[PDB]
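Working notes, beginning with the structure itself.
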2 protein chains.
Amino acid sequence: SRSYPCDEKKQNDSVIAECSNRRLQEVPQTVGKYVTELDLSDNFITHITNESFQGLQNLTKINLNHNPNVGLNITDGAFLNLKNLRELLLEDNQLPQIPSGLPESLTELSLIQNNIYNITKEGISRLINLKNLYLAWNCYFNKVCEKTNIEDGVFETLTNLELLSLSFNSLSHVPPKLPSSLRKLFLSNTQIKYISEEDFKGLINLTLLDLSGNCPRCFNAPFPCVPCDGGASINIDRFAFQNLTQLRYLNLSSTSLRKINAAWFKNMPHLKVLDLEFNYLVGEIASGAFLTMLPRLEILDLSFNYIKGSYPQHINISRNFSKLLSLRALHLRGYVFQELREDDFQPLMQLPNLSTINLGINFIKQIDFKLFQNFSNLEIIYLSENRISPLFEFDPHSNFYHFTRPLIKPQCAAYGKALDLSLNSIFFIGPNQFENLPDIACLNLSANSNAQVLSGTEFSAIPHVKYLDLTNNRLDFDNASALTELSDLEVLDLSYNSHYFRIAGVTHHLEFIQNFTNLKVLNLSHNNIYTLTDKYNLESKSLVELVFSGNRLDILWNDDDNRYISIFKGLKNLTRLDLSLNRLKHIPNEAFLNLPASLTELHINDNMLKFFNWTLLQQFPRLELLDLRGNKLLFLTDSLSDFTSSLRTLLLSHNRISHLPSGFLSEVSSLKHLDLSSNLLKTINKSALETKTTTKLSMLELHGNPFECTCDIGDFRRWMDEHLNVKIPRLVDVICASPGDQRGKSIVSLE
Amino acid sequence: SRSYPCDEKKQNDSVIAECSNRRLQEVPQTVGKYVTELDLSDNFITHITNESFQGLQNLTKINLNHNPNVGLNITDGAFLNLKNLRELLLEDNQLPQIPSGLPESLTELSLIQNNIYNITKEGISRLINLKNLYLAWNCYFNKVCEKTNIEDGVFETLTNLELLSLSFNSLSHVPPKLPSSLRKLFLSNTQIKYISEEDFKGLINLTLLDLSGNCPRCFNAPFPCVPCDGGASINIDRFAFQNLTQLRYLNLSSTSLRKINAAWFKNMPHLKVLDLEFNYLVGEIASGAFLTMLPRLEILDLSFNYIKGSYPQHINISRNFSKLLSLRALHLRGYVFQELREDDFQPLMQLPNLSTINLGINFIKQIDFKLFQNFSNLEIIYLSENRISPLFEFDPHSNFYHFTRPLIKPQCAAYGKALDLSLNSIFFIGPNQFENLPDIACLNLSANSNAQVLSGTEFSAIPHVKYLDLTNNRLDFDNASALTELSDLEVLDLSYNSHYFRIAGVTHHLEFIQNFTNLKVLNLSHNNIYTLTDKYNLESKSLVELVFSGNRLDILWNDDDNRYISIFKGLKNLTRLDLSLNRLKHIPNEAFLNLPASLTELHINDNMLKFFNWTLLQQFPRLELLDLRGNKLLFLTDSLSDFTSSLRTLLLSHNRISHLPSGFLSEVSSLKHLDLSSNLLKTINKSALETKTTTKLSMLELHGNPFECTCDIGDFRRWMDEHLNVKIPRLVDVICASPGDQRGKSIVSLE
Ligand SMILES: *[C@@H]1O[C@H](CO)[C@@H](O[C@@H]2O[C@H](CO)[C@@H](O[C@@H]3O[C@H](CO[C@H]4O[C@H](CO)[C@@H](O)[C@H](O)[C@@H]4O)[C@@H](O)[C@H](O[C@H]4O[C@H](CO)[C@@H](O)[C@H](O)[C@@H]4O)[C@@H]3O)[C@H](O)[C@H]2NC(C)=O)[C@H](O)[C@H]1NC(C)=O
Ligand SMILES: *[C@@H]1O[C@H](CO)[C@@H](O[C@@H]2O[C@H](CO)[C@@H](O[C@@H]3O[C@H](CO[C@H]4O[C@H](CO)[C@@H](O)[C@H](O)[C@@H]4O)[C@@H](O)[C@H](O[C@H]4O[C@H](CO)[C@@H](O)[C@H](O)[C@@H]4O)[C@@H]3O)[C@H](O)[C@H]2NC(C)=O)[C@H](O)[C@H]1NC(C)=O
Ligand SMILES: *[C@@H]1O[C@H](CO)[C@@H](O[C@@H]2O[C@H](CO)[C@@H](O[C@@H]3O[C@H](CO[C@H]4O[C@H](CO)[C@@H](O)[C@H](O)[C@@H]4O)[C@@H](O)[C@H](O[C@H]4O[C@H](CO)[C@@H](O)[C@H](O)[C@@H]4O)[C@@H]3O)[C@H](O)[C@H]2NC(C)=O)[C@H](O)[C@H]1NC(C)=O
Ligand SMILES: *[C@@H]1O[C@H](CO)[C@@H](O[C@@H]2O[C@H](CO)[C@@H](O[C@@H]3O[C@H](CO[C@H]4O[C@H](CO)[C@@H](O)[C@H](O)[C@@H]4O)[C@@H](O)[C@H](O[C@H]4O[C@H](CO)[C@@H](O)[C@H](O)[C@@H]4O)[C@@H]3O)[C@H](O)[C@H]2NC(C)=O)[C@H](O)[C@H]1NC(C)=O
Ligand SMILES: *[C@@H]1O[C@H](CO)[C@@H](O[C@@H]2O[C@H](CO)[C@@H](O[C@@H]3O[C@H](CO)[C@@H](O)[C@H](O)[C@@H]3O)[C@H](O)[C@H]2NC(C)=O)[C@H](O)[C@H]1NC(C)=O
Ligand SMILES: *[C@@H]1O[C@H](CO)[C@@H](O[C@@H]2O[C@H](CO)[C@@H](O[C@@H]3O[C@H](CO)[C@@H](O)[C@H](O)[C@@H]3O)[C@H](O)[C@H]2NC(C)=O)[C@H](O)[C@H]1NC(C)=O
Ligand SMILES: CCOCc1nc2c(N)nc3ccccc3c2n1CC(C)(C)O
Ligand SMILES: CCOCc1nc2c(N)nc3ccccc3c2n1CC(C)(C)O
Ligand SMILES: *[C@@H]1O[C@H](CO)[C@@H](O)[C@H](O)[C@H]1NC(C)=O
Ligand SMILES: *[C@@H]1O[C@H](CO)[C@@H](O)[C@H](O)[C@H]1NC(C)=O
Ligand SMILES: *[C@@H]1O[C@H](CO)[C@@H](O)[C@H](O)[C@H]1NC(C)=O
Ligand SMILES: *[C@@H]1O[C@H](CO)[C@@H](O)[C@H](O)[C@H]1NC(C)=O
Ligand SMILES: *[C@@H]1O[C@H](CO)[C@@H](O)[C@H](O)[C@H]1NC(C)=O
Ligand SMILES: *[C@@H]1O[C@H](CO)[C@@H](O)[C@H](O)[C@H]1NC(C)=O
Ligand SMILES: *[C@@H]1O[C@H](CO)[C@@H](O)[C@H](O)[C@H]1NC(C)=O
Ligand SMILES: *[C@@H]1O[C@H](CO)[C@@H](O)[C@H](O)[C@H]1NC(C)=O
């Protein structure tokens, strides 16, 4: 009754087996008969037939992707016996052709990343229930492939299709006879030079059109890239877009566009996001008669339109930018200019809804920051990666021309207005630096190569910063009053400042941490801190989370030094502590007891520990999570239930533990989750996990243990069938060691 | 006849067994009877008796250090049976007392890092042949320990002792009745406040005296440090040093010295190295009547004498520095001043033999570099770690107050005069920066946070640099003429410049490498290079070694891109190639053949490789070393001898290989060294390593393989005894896997 090899979960009242990554040479027949969704993805299966999926009714979905992993042979009508399948995922299977005789029940089919160069009536036209069809990434780049032949009006018979992606195939022409029902159509990187009037003419329901990468701009492309003759523009008919009144999204990126016809937008009152990236638009950004046509546009991406070899003094913004009323975010990146002036952004200053200006990668030497205060709604000022001074490698399921991640880390932005100066040249903060800025909750100073001693006078122009990123500088903390002018400070990231800390002869002062009443999260990671000056303790009444990882506690806690024994005790509010990567061989008993007793979460993981005193857990009544992972530990206590009543989760994975003590799990009612994976365990005696009282443990991880496959594991196997509420994951990965006959075989298979 | 557990080598015609780190619970009786030196260090041995070392004549030396590893019990006169022992190393054994009844044959004894607080006539006085005696590091710091009692005139009876180290013990007084034969005597950190006239009075042969750490300067000490009352100076008698005419070395460091008596040096015409570190000497460096007493002093270390809280404009050097004629290196570090002026170093400019000035850690903002040209002999200018702008944790066997490593990397210094600007603020190189400098062969620019585009005009003031360290900056290579003004350039280190390289939208230009006729070693490591602009190939006719490690060849060599296929082919002189850490799953065949055919050494190690085409080795007739270590490789060819005649060394360690092919080792006469360690091998068939022709293989590493201990390994065990010229190391670490009975046991032990 324990599901194998498939792990089974419950989602939306429904039933889904996860068989992915299971090294399956063939499709299991042991699948739960109730299963709605079957994921075979990333396996070794080389064959599909009519016997494979039998006995299975409610399956609406099959993921066959990535088989076999590092030549999938499918029989005609192998999938026909199943009338309930909507979604079918065949991606990355090295398929020569579309599989013949697919069920007509298919709403959604994914052929992405295959060898199919021929789209035929036989493979498609008989599926009338097709909603979304993905053919993308079959013929592209320098791959050896045939130009894609698309049989006349093959999609003509699909009256229900709202999504079609042919992107990254060799087409050269938009296929004739496209169904009216089309909503989203992806034509990107199809090598199409010409868009006629009659191509999209009959689609009135299109909400999205992707023409990107046709007549590409190939200079400095990090992919094989072939431009149109002379590197000319795509030729788009004056009337090509006239009958799309419903279009929300238009991706024109990398089309080599020098000038844009404003009459393309005549019929599109609803245009929302316009992607103009990777063209030559500097002239159009200077004048831009096409802007007056976009009153509803929310997002506009003009990024990377730079003229080759040019490094102008100022950016030139058309006054017509005042005509985009609903604009929210504006991306200008790789425009490459020297100096941003107050009067250059004038057209943007009256835009009511524009919260985001992306200026990244412009090589800007200087800005007057009083212009950002003359805007209305700005929540995000993204200046990252500039010169500002003081005073398959491509995911077919992702956007090709930019990253889809947030500009600012959501944790930071949630506090308020955001200013990202990261990856710049400001190595020193002058008294006047931040003057005339808005009220800044979130400030990113990361990677500014800042060597200064912070005296507490630096941020006084913007005292209300909640979240401060100082990461990856070389910071000299010689002053006890540092950063104290920020009274409302909550999150502080000091990570990767190790420059001065690692020099012993200089002075280091951390005392500033006590002065913060609201301080909550503090990152002190990877600072290589082995020594401090006159003050050996970190003390805060507010602080909650402290990440001390990547420092030397092996030195601080050295047996011959009593000075740092209390180092964390002064943090009385602290529920979370990260001691990882400190090279700890052991923790002196006196130093462990001096840990804050408020801790609910403690990570000592990824150290060298050969010893752990479990009796010391008596002093931590609030501790729900203990992370011991990635150590040398040989030793487990049998008395643990006498040591802690509070422990929900215990992670022991990747240790040297060879033996489970008799009465280990007994009488501890708290422990839900136990990670024993990747240990030295040969067997489990009957008396290890037996608990006379009530056992709340719902998860046990045994994978990676050298199990003796003899009759001695009968006690444990029996224990497994006796409790089915304990989930052991990766049951194909719990693998018998000895005897040599049973080596490689799962423990769940035995006489 | 295969030595076990001890590995045996030959040094100085002699015979030494290495038993270290062998997890020995007891002292082996299997030791080769001829053995001169026996190293038991870092083992589990808990006992020593009279039966341990029997049958062994010529042993002159025994290393018992670090036993047991993580309570050594020695019987009275356990070592007496051996009349040939000179050296005895007992270090770090947690010894309560000196072992009683030690042989009188001992010239050298090391008790370092033990619990011995009592030095008695019974343990020592009967050994008259003692030459060097190390008692150091028994009672120190915050360790729980007893003040050291030294029985009256216990060393009085040792007439042959030239070396005594009591350092880091609690003494408070220099022991009375010291033998005349003393040459080197280490009293450091013994808590001695007073040096009387009669302490050292009777030692005329002393070449070395270490008084360091008595009355320590404890501000900002990274160890528990207790000063004398008021933090006063050590009190040294006017006449204390009068009878040492032979003293070469004097370590006074960390004695809290405000002023120095010049009459201490009255009788020392031979003084060579004087260590003054960690005192308050700023006044003495300003006047210093003691300098006129040191005509022969070669090294003078004044480092870390800074006045607390002081940041003066200029350093003040006494005119009396002109009076040290034989001075070679001068260390002034942590003097902490702002500005170095031409006229401040005037007293030093006429010193004929002074090649080295160590200015590190002074927080210097500016220097006029034309003063270094007014010296005579300077080979080393060490400016590292300053503010200059544009335009147990302690090793008992090491120096406690500084690092003993070279200032400049020897490879760099060997080229000529050296200038180390590393760890500074110069973020831009102006045209006039290096003007008025000497002729610089070796230049360290590391860690200057330099973002500039090097145009080839930058170094023209010092064109003759052979070795250039640009490591750990953020370098923008946008120019093809970069660095080309250096015609004689040999070694170039570009490591850790990854800042701009990882941005795809910008341009990257490596073309400058071809312009160098003498370029030999090039470090391009950890630059995260996945993309380049207009030039996809590295080309040099001279270049020999290229380290490409820490980049992305997984991206560059992606199957869908032909652009970078030839990337290294243009280097026609290259004998050494490092492809490590490139995340390579596989190398496309066309890309491997495009590797330089001149390669004698190739490292692909520490990648993800699941595949290697051995047939491609046919194209590398010069290749003596192939490094495949740290990969996923499952597959070994049986045909290798047909593939390469040139391969001396093959490193396969840490791979997934489960099987040795029949006829693997056969007919390849070239292979000396084979590393199979840490693989999946269960057994070795008789036909794997059998070679009908002449076999030159002298080294085979099998440790870490899950060996079946059944009778099936008889074929291999037999093969081992049949060839004794093949050295298998770590024979305690070649460990039987199955059956469970033999698990943990070395394969060399079987029925
Ligand atoms: C030209 O410009 C257009 C318009 O911006 C771009 O069109 C977008 O293309 C991307 C890439 O395909 C789309 O992003 C993906 O959307 C998939 C569909 O999600 C929809 O439905 C789900 C629920 O069913 C909703 O949650 C979601 O909001 C959408 O409504 C997602 O399945 C994808 O995510 C999956 O893959 C990614 C990457 O592996 C993972 O991160 C996810 O966890 C998940 O597994 C992905 O989000 C996007 O939907 C398109 N926009 C529109 C409006 O349709 C073109 O890409 C662009 N041209 C190019 C090539 O640059
Ligand atoms: C220096 O140190 C600080 C302090 O730790 C780090 O900042 C924290 O970083 C961790 C990431 O490592 C962040 O934790 C992550 O938070 C996400 C929270 O997302 C929000 O929105 C979701 C809904 O989408 C809500 O559910 C949630 O409540 C939040 O409001 C979580 O999504 C993440 O959890 C997921 O991953 C974790 C394991 O990582 C699993 O346990 C979860 O089940 C789930 O799979 C994770 O919690 C944390 O938010 C950061 N906090 C702060 C203050 O920023 C810095 O990143 C670190 N910097 C450096 C340089 O290392
Ligand atoms: C005050 O100042 C004095 C004078 O400078 C310092 O005295 C030096 O102390 C150090 C530390 O003990 C000595 O360094 C060590 O010397 C040992 C002896 O080497 C001699 O003999 C060998 C061959 O037998 C020669 O090769 C060598 O040149 C010497 O003639 C070495 O054995 C040590 O090296 C071993 O340990 C180190 C560290 O583990 C390893 O790096 C080595 O590989 C090796 O295993 C070490 O080199 C030094 O000899 C002393 N100088 C003199 C002139 O005797 C004091 O240390 C200083 N006071 C303090 C505490 O700061
Ligand atoms: C960027 O890349 C460059 C190029 O590789 C690196 O520079 C090389 O660094 C390696 C060290 O990793 C250096 O190689 C080492 O050289 C030592 C040579 O010492 C000299 O003197 C000895 C006598 O004392 C002579 O025998 C010798 O001929 C030399 O004249 C060797 O001692 C080292 O070998 C020892 O270690 C190696 C393994 O490391 C063993 O194989 C040996 O048997 C022995 O145990 C080693 O050879 C090399 O010298 C450097 N060359 C240059 C040009 O500097 C940079 O370090 C790297 N930088 C960064 C930032 O990573
Ligand atoms: C301040 O600015 C710096 C630099 O721009 C920001 O660092 C960047 O943060 C992003 C988001 O976390 C990182 O990208 C992510 O990396 C992880 C790990 O590989 C990956 O899982 C994610 O999918 C995403 O790719 C990025 O690594 C990092 N960049 C650098 C230079 O390290 C930082 O986030 C900013 N801080 C705040 C609070 O905004
Ligand atoms: C240029 O200046 C930099 C910075 O001072 C030098 O880097 C430093 O080099 C030394 C010598 O190699 C490194 O010390 C060594 O580290 C290794 C690895 O841990 C260790 O095995 C050695 O015993 C020694 O401790 C040191 O790591 C490194 N410092 C930094 C900041 O990384 C560099 O050597 C200089 N280049 C030249 C050519 O002089
Ligand atoms: C030789 C170093 O010992 C102390 C020290 N530590 C620092 C430090 N972390 N930062 C500094 C910044 C500017 C000037 C001096 C210092 C300094 N200093 C120098 C001094 C001004 C005496 O504190
Ligand atoms: C948007 C980036 O695309 C090209 C580029 N790459 C670089 C570069 N690696 N470095 C630069 C330094 C100063 C000014 C401009 C650039 C630059 N630029 C800008 C430009 C002047 C057009 O080359
Ligand atoms: C601005 O956005 C708000 C929603 O936050 C919306 O109510 C308002 O109508 C928008 N104004 C314009 C000009 O689009
Ligand atoms: C910190 O710096 C401020 C301003 O430079 C100064 O007033 C104060 O003395 C410093 N605090 C110290 C040294 O503890
Ligand atoms: C301790 O943390 C809690 C939870 O964040 C917070 O409410 C409280 O203010 C903190 N205590 C102090 C003294 O700030
Ligand atoms: C564990 O900690 C306790 C303190 O409660 C101490 O008595 C005991 O010695 C420690 N155990 C070990 C093995 O150090
Ligand atoms: C300087 O050093 C050389 C050896 O290189 C030596 O011959 C000469 O006598 C020394 N001069 C002085 C003043 O010590
Ligand atoms: C490199 O820089 C020099 C000086 O700035 C300039 O003369 C030359 O044009 C540049 N070379 C290029 C861009 O290839
Ligand atoms: C190739 O390397 C050798 C050995 O260092 C050197 O002698 C020769 O000059 C190099 N060849 C060229 C063309 O510089
Ligand atoms: C190995 O390389 C040779 C070229 O000599 C090629 O013919 C063969 O296909 C390659 N082997 C594999 C398994 O790719």
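Here is the naming used below: chain letters follow the sequence lines, and residue numbers restart at 1 for every chain. Just so you know, ligand 1 is whichever comes first in the structure, and atom 1 is the first atom listed for that ligand.
Measured by close contacts, the chief partner of ligand 8 is listed under UniProt as Toll-like receptor 8. According to the PDB, the drug located at ligand 8 is resiquimod.
With heavy atoms closer than 4.0 Å, the chains neighbouring resiquimod (ligand 8) read A, B. Looking around resiquimod (ligand 8), I see no other ligands or ions under 4.0 Å away. In this entry, the organism cited as the source of chain A is Homo sapiens. Applying a cut-off of 4.0 Å to heavy atoms, one finds the binding site of resiquimod (ligand 8) to be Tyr306(A), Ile307(A), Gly309(A), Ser310(A), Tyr311(A), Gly334(A), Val336(A), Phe363(A), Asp476(B), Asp478(B), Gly505(B), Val506(B), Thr507(B).
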